[PDB]
J.: 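Please take a look at this structure featuring prednisone.
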There are 2 protein chains.
Amino acid sequence: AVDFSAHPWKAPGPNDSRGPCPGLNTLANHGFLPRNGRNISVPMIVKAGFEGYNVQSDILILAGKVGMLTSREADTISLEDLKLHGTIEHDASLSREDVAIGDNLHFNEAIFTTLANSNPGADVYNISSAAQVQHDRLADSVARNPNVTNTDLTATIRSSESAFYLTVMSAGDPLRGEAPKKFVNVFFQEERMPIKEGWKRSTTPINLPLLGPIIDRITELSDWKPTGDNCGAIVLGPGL
Amino acid sequence: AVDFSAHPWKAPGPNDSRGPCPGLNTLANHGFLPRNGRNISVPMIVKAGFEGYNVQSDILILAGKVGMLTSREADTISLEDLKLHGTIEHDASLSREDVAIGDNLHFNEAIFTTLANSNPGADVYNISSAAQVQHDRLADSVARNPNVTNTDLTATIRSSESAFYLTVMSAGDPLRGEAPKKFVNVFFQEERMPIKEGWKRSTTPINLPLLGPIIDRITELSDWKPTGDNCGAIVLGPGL
Ligand code: HEM
Ligand code: HEM
Ligand SMILES: C[C@]12C=CC(=O)C=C1CC[C@@H]1[C@@H]2C(=O)C[C@@]2(C)[C@H]1CC[C@]2(O)/C(O)=C\O
Ligand SMILES: C[C@]12C=CC(=O)C=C1CC[C@@H]1[C@@H]2C(=O)C[C@@]2(C)[C@H]1CC[C@]2(O)/C(O)=C\O
Ligand SMILES: *[C@@H]1O[C@H](CO)[C@@H](O)[C@H](O)[C@H]1NC(C)=O
Ligand SMILES: *[C@@H]1O[C@H](CO)[C@@H](O)[C@H](O)[C@H]1NC(C)=O
Ligand SMILES: *[C@@H]1O[C@H](CO)[C@@H](O)[C@H](O)[C@H]1NC(C)=O
Ligand SMILES: *[C@@H]1O[C@H](CO)[C@@H](O)[C@H](O)[C@H]1NC(C)=O
Ligand SMILES: *[C@@H]1O[C@H](CO)[C@@H](O)[C@H](O)[C@H]1NC(C)=O
Ligand SMILES: *[C@@H]1O[C@H](CO)[C@@H](O)[C@H](O)[C@H]1NC(C)=O
Ligand SMILES: [Mg+2]
Ligand SMILES: [Mg+2]
């Protein structure tokens, strides 16, 4: 049971911390996480992701504790902290620029155009369109960023993020790996749950067993290859 | 106010969780951390390390949050969880065996002999002896472990651990980078604060600024070289 009327969307104020993740930013914009985007713990993320999206603790504990590395605090982050390049934040994002050549934090409409224009002739994004977008975004980074980092780990994270927008913003069973364009576009562009537009929280739990085959299929269709060393080493904290 | 007399050493029972770290095990054995070694958060580690050893939050937050990755819980570990190979736990330990050829968890006297016999003719261990021990322990792993991992990261972690025993178990200013053998031996062999033997908590804070030059000097004197892969990629969670 969750009451979305008790969780209205509100635009972030000037002192509200927001990060590179539309998932967490949207939860904050609805007060499932603190609207100020600060002093956020893994337990808070677990609860917020469950209440807002029906995303389960398996993925949120795993990703959450990696995310905690990005702050200087014992057990919390600000959402903006997650911009730390090379922990989770990576090149060839769907809606942000690469840090070496631009802003790796804020939503960018020109970057988002690739996703927005994907799956022409359908009213949904799906696994094949998501894979094509990942292929095109990586090619863009390889072309324009001489410092691009593209590893097994970044590629897996990227497919996980695509799987997230396909599942959390779904109309039908998230298993199907497709989501209305109208829902996904609001998610990214406004960091809002598209309630007025007809979206409802999944009644099916979204967990690693559900996401895994979607992730693997997106990767397979994306015609991916590693770059350089292919070293999957994360940055372990800020300012090292 | 911290009262060391209210923190007696007690040997762990068979179901009290202990890990590969003598620093955290000793805090547990004195009740600065829970004696059962479970349900331990980074704030708890920060407070325990301050109270017991005068180790500051900078290093304990950084290491603590990496250590949290080893459990399946949102914000706690058991001490035994820290044995997870390739997060922090590494080959060429001072007092444990390499996981591929033995027990990477428990104190082992035969391994410890190298450290115990270091700095002949003196009643202290110091930076040069610590470096010699690291050189010899790595050589042992290269000789006997077909799955040996030796990277910049493991080498740095090893120097950090040597810097910890030299500073936390010091008699004089921890700056000096030397510790009585009688104190360090009790620390490793019994995971006890050597209070009866004359040890007292440092009155000087032990933080990254203090440890950094000690760590770097231990590395430099150890005649360390890359041997293979050199990708400092940590394991991000259990059972992946
Ligand atoms: C709650 C469900 C979640 C959803 C639905 C979600 C969704 C997404 C999506 C779609 C992106 C890609 C943005 C892009 O490429 O432009 C993303 C990026 C990101 N997410 Fe999440 N996320 C969730 C949870 C988390 C958690 C728990 C963390 C914890 C650290 C996190 C950290 C990030 C980071 C750092 C990025 C930036 C990666 C990059 O594009 O460079 N997310 N998220
Ligand atoms: C800050 C939180 C801490 C975490 C998460 C942590 C974790 C660990 C881990 C996982 C190991 C095993 C590495 C290996 O040898 O394979 C280790 C070793 C060690 N730790 Fe800690 N530690 C912490 C704090 C401390 C403190 C405060 C001290 C102070 C005494 C300390 C001293 C040591 C020493 C001397 C070793 C080396 C043991 C050996 O090589 O046999 N640690 N630590
Ligand atoms: C992408 C992800 C999930 C969504 C997100 O926004 C941030 C992250 C960062 C950590 C990722 C995580 C996963 O989805 C699971 C990953 C990708 C993990 C690191 C390795 C991992 O645990 C794995 O090897 C199997 O999935
Ligand atoms: C080993 C350590 C501590 C324990 C742990 O589980 C994880 C790490 C990784 C990063 C280490 C950190 C330190 O303790 C301080 C170090 C070693 C740092 C990298 C360089 C460093 O910041 C330094 O002081 C000298 O270069
Ligand atoms: C909350 O975060 C701020 C930084 O935004 C930090 O100064 C403060 O100590 C944090 N509080 C905790 C311990 O949760
Ligand atoms: C990119 O790599 C070059 C070396 O190839 C380096 O000199 C430069 O500083 C890097 N730039 C960034 C932004 O990391
Ligand atoms: C995605 O939709 C397009 C257009 O409707 C279709 O051609 C394609 O086969 C779909 N892919 C998947 C994986 O369903
Ligand atoms: C673990 O610690 C938390 C926080 O103090 C507490 O609420 C919980 O009940 C504890 N669990 C156990 C098994 O003791
Ligand atoms: C360590 O002690 C030995 C023996 O007393 C001495 O020869 C050596 O120079 C010392 N090294 C340092 C760094 O103090
Ligand atoms: C360890 O090394 C042996 C011998 O080279 C090899 O057969 C085995 O697969 C290795 N195991 C690991 C942990 O990779
Ligand atoms: Mg990015
Ligand atoms: Mg070890």
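First the proteins, then the strands, lettered A, B, ... as listed; each starts at 1. Keep in mind that the numbers below use all heavy atoms, side chains included, and drop hydrogens, waters and symmetry copies. Both counts, for ligands and for their atoms, begin at 1 and track the order of listing.
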J.: Hmm, which bits of this model belong to prednisone?
T.: ligands 3 and 4
J.: Can you help me out? I need the name, per the PDB entry, of the chain with the largest number of contacts to prednisone (ligand 4).
T.: Unspecific peroxygenase
J.: Quick one: what's in the binding site of prednisone (ligand 4) at 4.0 Å, using heavy-atom distances?
T.: A:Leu236, B:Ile59, B:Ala63, B:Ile88, B:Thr156, B:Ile157, B:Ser160, B:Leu208, B:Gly212, B:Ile215, B:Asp216
J.: To check your reading of the model: name the closest protein heavy atom to atom 15 (C) of prednisone (ligand 4), its residue, and the distance in Å.
T.: B:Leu208 CD2, 3.9 Å
J.: Atoms of prednisone (ligand 4) less than 4.0 Å from B:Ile59 heavy atoms?
T.: 14 (O)
J.: Could you tell me which organism the entry lists for chain B?
T.: Marasmius wettsteinii
J.: Just which atoms of prednisone (ligand 4) are under 4.0 Å from any heavy atom in B:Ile215?
T.: 24 (O), 25 (C)
J.: Using a strict cut-off of 4.0 Å, indicate which atoms of prednisone (ligand 4) neighbour a heavy atom of B:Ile157.
T.: 1 (C)
J.: Determine, counting only non-hydrogen atoms of the protein, whether one lies under 4.0 angstrom from atom 22 (O) of prednisone (ligand 4).
T.: no
J.: Who's the nearest protein heavy-atom neighbour of atom 4 (C) of prednisone (ligand 4), and how far?
T.: B:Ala63 CB, 3.4 Å
J.: Find all atoms of prednisone (ligand 4) within a distance of less than 4.0 Å from any non-hydrogen atom belonging to B:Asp216, and give their numbers and elements.
T.: 25 (C), 26 (O)
J.: Checking a contact table here: which protein heavy atom is nearest atom 13 (C) of prednisone (ligand 4), and how many Å away?
T.: B:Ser160 OG, 3.7 Å
J.: Counting only heavy atoms on the protein side, is anything nearer than 4.0 Å to atom 11 (C) of prednisone (ligand 4)?
T.: no
J.: If the cut-off is 4.0 Å to any non-hydrogen atom of B:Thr156, which atoms of prednisone (ligand 4) fall inside it?
T.: 17 (C), 19 (C), 20 (C)
